Trainee: 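I have a structure I would like to understand better, so I am pasting it below and will then ask my questions one at a time.
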Amino acid sequence: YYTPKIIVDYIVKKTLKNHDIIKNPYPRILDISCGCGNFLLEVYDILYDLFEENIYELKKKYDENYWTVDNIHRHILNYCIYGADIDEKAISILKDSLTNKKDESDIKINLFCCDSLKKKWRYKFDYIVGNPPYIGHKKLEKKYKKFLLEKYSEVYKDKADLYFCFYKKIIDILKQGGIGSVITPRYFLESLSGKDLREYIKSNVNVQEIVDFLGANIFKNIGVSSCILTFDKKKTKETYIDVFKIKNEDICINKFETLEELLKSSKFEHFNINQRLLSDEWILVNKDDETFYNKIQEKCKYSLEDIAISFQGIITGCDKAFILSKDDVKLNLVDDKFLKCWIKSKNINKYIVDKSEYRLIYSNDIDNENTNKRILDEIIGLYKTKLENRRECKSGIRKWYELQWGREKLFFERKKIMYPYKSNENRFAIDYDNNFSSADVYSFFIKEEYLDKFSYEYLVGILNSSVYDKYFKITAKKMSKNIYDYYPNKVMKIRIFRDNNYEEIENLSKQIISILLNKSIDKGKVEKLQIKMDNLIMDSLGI
DNA sequence: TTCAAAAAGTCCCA
DNA sequence: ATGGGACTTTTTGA
Ligand SMILES: CNC(=O)[C@H]1O[C@@H](n2cnc3c(NCc4cccc(I)c4)ncnc32)[C@H](O)[C@@H]1O
Ligand SMILES: [K+]
Ligand SMILES: [K+]
């Protein structure tokens with residue numbers, strides 16, 4: 001995963017541009033996932049320029065025979081550059097690349113082929129740079145995950161990622177007054193799994209700068225969203241973070257010769273965040289958005305979690321075995337008591353759901369194999385081998401033809417609100433048709449004790465408003481270009497209000513629902529009603 | 001027993 | 001061929 005050169009140079013310049021080579025001519029620069037040496041080779045070039053530009057000052061202050069230009073190459077490799085990686089071939093290539101920068105006496109190069117997370121590191125380091133590996137909870141082998149849970153528990157639990165541990169290792173082995181700069185996924189900035197990691201970073205290092213690329217495609221043909229984190233262990237009372245957040249995700253990364261030109265430009269916005277004021281959540285927004293977010297939080301007395309019951313959709317474990325088109329002839333084998341309406345995330349619009357085109361065979365209600373042999377033999381059994389490889393089938397908890405996570409039917413077969421799990425905008429709809437769905441659609445229904453305060457029509461009105469689209473996206477988890485995570489761990493934290501505008505907001509919502517359900521939809525008037533509703537909500541929240 | 005999180009997403013076309 | 005757009009499964013720890 002080759003890191004773009006402009007970012008590599010920026011990271012190295014970040015850690016080394018103001019190093020006092022005269023005061024300390026023995027800086028230790030480390031990359032614990034160096035690979036072929038994208039960062040370390042640049043570190044060599046930056047160090048070599050630094051030594052040659054101060055070669056005569058060094059010669060005068062120290063051993064004058066040791067400090068010559070001819071001796072710079074040797075000194076850098078013996079005492080300055082350190083790298084670690086698990087790939088033997090990459091280390092071998094990097095060793096040759098460092099050697100080719102210039103046998104006399106066989107210089108030794110501090111490159112280790114090892115697990116960076118298991119190595120007994122004999123000393124701390126002045127500067128650490130690089131791009132660690134990212135491995136999620138699905139693609140990480142179970143034997144290694146037990147080690148991470150037992151030894152890296154301060155940052156790695158549950159659905160945490162591998163690069164959390166590289167953050168902990170880098171922070172642990174950084175010298176006092178040292179500087180670290182890495183490029184990692186951005187998701188830990190907001191994700192629920194990153195809470196322990198954020199607590200660790202906040203209370204161990206001073207975060208100098210965060211570069212957030214949002215959904216920009218930094219790595220070509222890689223579906224990941226990146227950020228650059230720069231931190232130090234310097235004694236300072238400032239504790240203020242420079243945040244450079246991109247404004248246009250469509251931009252290409254090579255607009256200028258250097259990254260810092262892009263950051264200072266009109267493609268990025270800059271603002272400051274007080275690190276001491278960071279809660280367990282990192283709300284990195286400008287003053288206008290902070291005021292906007294704080295107004296809504298203070299004005300709203302209730303949250304969605306207070307008034308609603310949230311649940312994830314069906315997880316069959318093999319969709320091809322249980323989901324059929326409503327026009328599929330094989331449904332003539334299945335009694336209608338077994339069939340449920342099935343929708344995908346794209347079927348969720350604002351305020352209403354598209355008509356179902358798929359049916360779910362709720363195979364849990366099938367009592368035994370002998371009574372409905374045709375359904376099992378001709379429909380579900382076509383994927384029996386894959387069905388039996390599901391975890392709950394291996395342990396015997398689930399029968400091979402049963403849904404892996406069937407949930408409760410009564411939760412779905414009722415009036416409820418559904419929203420897609422990943423979307424570019426708020427899309428909350430009222431479901432009237434007892435729709436079932438997979439985990440790409442989340443549902444909630446209102447608690448009985450809050451039905452006389454909040455109706456479904458009022459909720460979809462304010463939740464689909466432009467005010468709440470901006471409001472939710474302030475702290476939402478940015479996944480990829482024009483995609484946010486609409487998950488209960490943040491959707492249920494949305495705060496809602498009840499005031500003098502309740503009735504008209506609800507009435508406008510009913511009008512929109514009435515038009516959206518017509519045969520000849522005058523979608524233009526829906527937009528006009530939405531604008532009027534947004535004005536009511538902004539009036540209610542005083543913004 | 002059984003909840004919900006997780007993009008080095010995935011797949012496609014031009 | 002690559003880059004950009006539409007769309008989103010089930011494995012997994014707790
Ligand atoms: C996306 N970028 C990479 O994967 C690079 O990082 C190196 N890289 C991976 N993982 C490493 C590690 N520890 C974790 C580890 C080790 C062994 C098995 C397992 I599963 C996990 N330590 C040291 N370099 C490690 C790789 O060799 C590439 O150059
Ligand atoms: K001298
Ligand atoms: K991206």
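Convention: sequence-line order gives letters A, B, ...; per-chain numbering from 1. Heavy atoms only: backbone and side chains are in, while hydrogens, waters and symmetry mates are out. Atoms within each ligand, like the ligands themselves, are counted from 1 in listed order.
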Trainee: Among terazosin, piclidenoson, lanifibranor, tamsulosin, which drug or drug candidate sits at ligand 1?
Mentor: piclidenoson
Trainee: Please provide the name that the PDB entry uses for the chief contact partner of piclidenoson.
Mentor: Site-specific DNA-methyltransferase (adenine-specific)
Trainee: Mind listing the other chains that have a non-hydrogen atom under 4.0 Å from piclidenoson?
Mentor: A, B
Trainee: Give, by number and name, the other ligands and ions lying under 4.0 Å from piclidenoson.
Mentor: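 Other ligands and ions within range: none.
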Trainee: Tell me the name listed for DNA chain B in the PDB entry.
Mentor: DNA Strand 1
Trainee: Show the binding site of piclidenoson at 4.0 Å, heavy-atom contacts only.
Mentor: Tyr1(A), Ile32(A), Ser33(A), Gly35(A), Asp85(A), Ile86(A), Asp87(A), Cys114(A), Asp115(A), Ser116(A), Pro133(A), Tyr144(A), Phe166(A), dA8(B)
